[PDB]
Amino acid sequence: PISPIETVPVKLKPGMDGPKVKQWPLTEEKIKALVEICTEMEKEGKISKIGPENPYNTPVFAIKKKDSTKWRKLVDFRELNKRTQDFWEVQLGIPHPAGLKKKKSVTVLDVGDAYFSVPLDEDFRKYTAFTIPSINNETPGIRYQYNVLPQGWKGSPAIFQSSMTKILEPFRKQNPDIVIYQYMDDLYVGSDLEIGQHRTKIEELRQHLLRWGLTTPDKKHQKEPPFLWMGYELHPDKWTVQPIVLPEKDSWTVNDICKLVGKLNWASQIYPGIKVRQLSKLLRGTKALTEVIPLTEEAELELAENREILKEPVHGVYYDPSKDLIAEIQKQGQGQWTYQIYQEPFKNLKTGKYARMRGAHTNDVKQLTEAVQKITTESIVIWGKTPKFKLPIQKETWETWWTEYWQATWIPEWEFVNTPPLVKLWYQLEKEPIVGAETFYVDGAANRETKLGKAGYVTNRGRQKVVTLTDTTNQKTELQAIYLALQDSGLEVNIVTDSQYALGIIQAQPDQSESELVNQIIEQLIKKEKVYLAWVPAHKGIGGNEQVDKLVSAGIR
Amino acid sequence: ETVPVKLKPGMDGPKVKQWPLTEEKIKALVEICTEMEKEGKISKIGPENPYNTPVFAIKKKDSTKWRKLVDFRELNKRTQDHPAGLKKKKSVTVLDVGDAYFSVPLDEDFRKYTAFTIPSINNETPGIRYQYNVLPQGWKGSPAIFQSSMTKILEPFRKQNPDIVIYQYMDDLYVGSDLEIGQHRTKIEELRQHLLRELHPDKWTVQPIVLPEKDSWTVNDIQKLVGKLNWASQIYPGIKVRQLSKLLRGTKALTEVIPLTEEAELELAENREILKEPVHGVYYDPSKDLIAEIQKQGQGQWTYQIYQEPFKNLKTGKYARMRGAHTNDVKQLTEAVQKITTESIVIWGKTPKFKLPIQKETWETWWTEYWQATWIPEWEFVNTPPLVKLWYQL
DNA sequence: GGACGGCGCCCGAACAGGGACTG
DNA sequence: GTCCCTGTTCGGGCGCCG
Ligand SMILES: Cc1cn([C@H]2C=C[C@@H](COP(=O)(O)OP(=O)(O)OP(=O)(O)O)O2)c(=O)[nH]c1=O
Ligand SMILES: [Mg+2]
Ligand SMILES: [Mg+2]
């Protein structure tokens, strides 16, 4: 039947008209499927034959469903979608099994022909004109418009989600302590009732929906565990993901890689240890989906470890609100991290991975802080509160970093976990100049026209060095000068620079950079015992800065 | 009967995505919106309204009630378009009179622009959308349109106390007097009784640039000092670094001890005096935004400058909690931002655009757990160069 | 095969600043 | 102004769901 709910008014974008697009040729099988669907829908008033007063048309096709018996009628409304008003999407996210609470009784059920039960605004119906091509030479082709929501229109998901929320509002008010997770037309229904009373309430709900025109065919009314829901299997006390099949190709294209990375990201929600850094880097600067990229050895090994991880059996548990939420973070290399969220020690609620590279230069404490942030907003979405953390970082390390760092940074209630690799700072700049360490005055200059430059230093003990550079920049010459002072100094060095660029980088204590030259600097800094970095304004005649400025400006400025 | 309101020409409405809320806030918002709907103040809407403004809730300190807070910053940016004696009163209290706005209808053609969406835990349901039927709290136009009724309600209290200063900024009455705090609180309760129908701005102080005192100076010390004065000369053209810099000719070790000449000693005392005088030639322009910059100084100290053009500071200040065994940088930054906004509202009746020395993500993750005001200033995030931190250091 | 919306991830393109240059 | 360097946003693939 068709819902007696009020329609949602919609409009074309201003100054625009309905689509005029030729039906394309479909196979005969799809034409029979469409014909059966269409004459049945026409009998039920879901579609209406139209005449030549309607000038519009847009192509139509069909695909098999999850149930491979039944067909699904679709409409390529890409034109009309372009010309249709904007909507505000109401589906803000995706429900997650780890957020479900234990329930005495559970039912999953699906609405039959969901879209085709929700009326479409009358004023807009004419733009949905479509044509079923002739199945014969002796039979011509019927033209229809839609009276209900069509699949392929950009307004259908939101209008259906909103209509469903309205339809379920009365039942929810009357039944506040029965929980109905509503994913488009999938309903997970949970109660704390004994199975009999629960089934009675479910019948109430089915009849409530039927009064509003939505059927719940028994074919999709799951009554016994394990429940199949949102890509998972729900058992009474544990959940799992429906199995992941990684491809086993020998030649790999960009598209093959995107498929692999997508399935691994899906799997990491419950499998600990998934890593995609190398596989993902493989996609850099690629041309198009067809480009074959050859696996690096690093990516080869990564994929091997992931395949092994996937051969293991794993599950999640449901949420108990009367216990704390605990997230535990584990480091892997390359700015990669995994996490486990749980309430009792070896019973994960879920797992995950953080790997995103933020910024040209960074270190492991920064990365850990942003992994904490990601997990915190994920926890607020799924459980509505913040978890308690267990991090591989010593309280003194955090303390030191939060002292030395000029930015506001913070991490909620947490506790040190002694599972290496521990997060550390790999060097520490001095706060005061160092007695007995030689003092270097460094500078660089670069000619913006020819891109030739010079880096170099003078020391208070009389050493002087100038190094010439080709195809460089001012910022790069400054970095090279600092690198040179580090190479030629002892285990303890005072360095003076005029470049607040270089000072801002080095002061934030990076241990990774996408710049080779900053990596080389970082390596040097780890080899040292004491480094002190002072700043002076450039071009003011100050101290040793003047001598080195005159040295490096010589053939370049 | 309603007052028509339009948007600034060539501007569509707000389209800001709602951010995730904790369970406490969602429950509060759902109950508050339920009541608001029974009373006709808001109406459910669908997805055919394409506009959206985020929403959240604050539980005020030791108050068992919550308060909804709509983040109307974008809408206010897009809506069509001061008592100088308030900054001087001995004491000033701030009342929340947003409630009044629910008594005035809102122009129908405008209502769609106030859409907002309640989210759900673990995405159990699609979001649930509302729009306003009355003057919304935190909207630029609510005080503008209610102004006349406000003046009418306040005329007698202002007559019977012409020594009390009352100022309205959007959801807030600022009430200032020169009374003993007991009599001041009694007068405030008089005003709250009449309305059924603690700040001390005279003690806010300026944080001046300040130079080190030493009996022994190293090359390092003098290099830091010359850099700091070179910077400060852009705010004070009196500053000069000729002689102090002269002390550094050659290529010296950073820890070599340098004796200060007579000339350099004079220059240093002069500069020390120049930094006493206030910044000359800085006039507040209301048609430009106030810029606030904050620098974390460590150990619970924070420094701030309010200016409108670079180096022309209207005010400079510091906020200083006590050193932290269990200190929270984000909570402190939020407190600093609310204090500074309060001061800017009192002095100039306008909020600053803040440049915040924090990551976008950290701030957005946590700031609403410490917000306690009914307005929200505009902000952007920066990666501060620790130079300026050294410059304004105390 | 292919149409739609949601969230996730990852990369690159097109911006938006702020600092340092040339004579 | 210009060139550099760095940050954010958005759009395009894919995963998953209906
Ligand atoms: C899976 C899917 C779905 N939809 C829309 C339409 C129906 C609702 C619900 O999907 P569905 O339950 O599988 O199809 P439905 O039309 O209800 O048909 P049946 O449930 O009766 O088989 O989402 C879509 O537009 N494209 C899709 O690929
Ligand atoms: Mg269905
Ligand atoms: Mg230089």
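Letters A, B, ... are given to chains in the order of the sequence lines, protein chains preceding strands, and every chain is numbered from 1. Order of listing sets the numbers, starting from 1, for every ligand and every atom in it.
Lab note: main contact partner of ligand 1 (name per the PDB entry) = Reverse transcriptase/ribonuclease H.
Picking from WIN 51711, 7-ethyl-10-hydroxycamptothecin, CT-3, d4T-TP, the molecule at ligand 1 is d4T-TP.
Other chains in heavy-atom contact with d4T-TP below 4.0 Å, by letter: A, C, D. This deposit refers to DNA chain D as DNA Primer 21-mer. Lab note - ligands/ions near d4T-TP (< 4.0 Å): ligand 2 (magnesium ion). Neighbouring residues of d4T-TP under 4.0 Å (non-hydrogen atoms) are A/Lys65, A/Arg72, A/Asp110, A/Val111, A/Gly112, A/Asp113, A/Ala114, A/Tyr115, A/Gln151, A/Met184, A/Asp185, A/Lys220, C/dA3, C/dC4, D/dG18.
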